[PDB]
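Notes follow the structure.
In what follows, chains are A, B, ... by sequence order, proteins preceding strands, each numbered from 1. We show just part of the entry here, counting contacts only within that part. Hydrogens, waters and symmetry mates are skipped; everything else that's a heavy atom, side chains included, is used. Read the numbers this way: they start at 1 and go in the same order the structure lists the ligands and their atoms. Header lists the method as X-ray crystallography, 2.3 Å.
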Amino acid sequence: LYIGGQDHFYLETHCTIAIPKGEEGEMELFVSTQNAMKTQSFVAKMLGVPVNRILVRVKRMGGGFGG
Amino acid sequence: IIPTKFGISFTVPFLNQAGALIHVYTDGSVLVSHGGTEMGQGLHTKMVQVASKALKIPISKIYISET
Ligand code: XAX
Ligand SMILES: O=C(O)c1ccccc1O
């Protein structure tokens, strides 16, 4: 038996705004994510910066469904 | 030659209260937030220095972003 995959098709696609603060590696991010913690960590690790420097903010998503 | 004595506290009793909020992220990086504002008197510097002593960690792991 086989079962095909599936696209999330959340009506709102992936989207991120990133605001660099110019001080000490600080950045503030608005993102359509269900996982602001991992967003924050993955950004920090990409930058070579401590996690305390990165702020992620999540108002709402136009769908997520795990995607 | 002239001396001074200056009384320390708000003269309205209820303003002598203070809040802090502390997060430790999973990289050990610590973010401190408290009710004070920085205006050049170096309050955050002092607050970083206090958090560092208290926790027994270098100042480099502590950060204050804003009020
Ligand atoms: N309208 C709407 N409903 C939705 C979601 C959505 O994006 N939009 N997604 C699902 C998913 S998919 Mo997942 O384990 O991250 S694979 S769990 C999960 C679930 C997460 O929401 P709680 O019920 O825990 O608060 O919401 C469901 N209902
Ligand atoms: O007593 C003070 O020094 C004081 C200072 C600022 C505001 C209210 C106050 O009572």
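- The drug candidate or drug found at ligand 2 is named salicylic acid.
- The chain sharing the greatest contact count with salicylic acid is, according to UniProt, Xanthine dehydrogenase/oxidase.
- The chains other than those of the drug that have a heavy atom under 4.0 Å from salicylic acid are B.
- The heavy-atom binding site of salicylic acid at 4.0 Å consists of B:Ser9, B:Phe10, B:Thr11, B:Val12.
- In this structure, atom 2 (C) of salicylic acid lies nearest to the protein heavy atom B:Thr11 N, 3.4 Å.
- Annotation: atom 3 (O) of salicylic acid to nearest protein heavy atom, B:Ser9 O, 3.9 Å.
- Near B:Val12, meaning under 4.0 Å from any of its heavy atoms, are these atoms of salicylic acid: 10 (O).
- Protein heavy atom in closest approach to atom 5 (C) of salicylic acid: B:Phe10 CD2, 3.7 Å.
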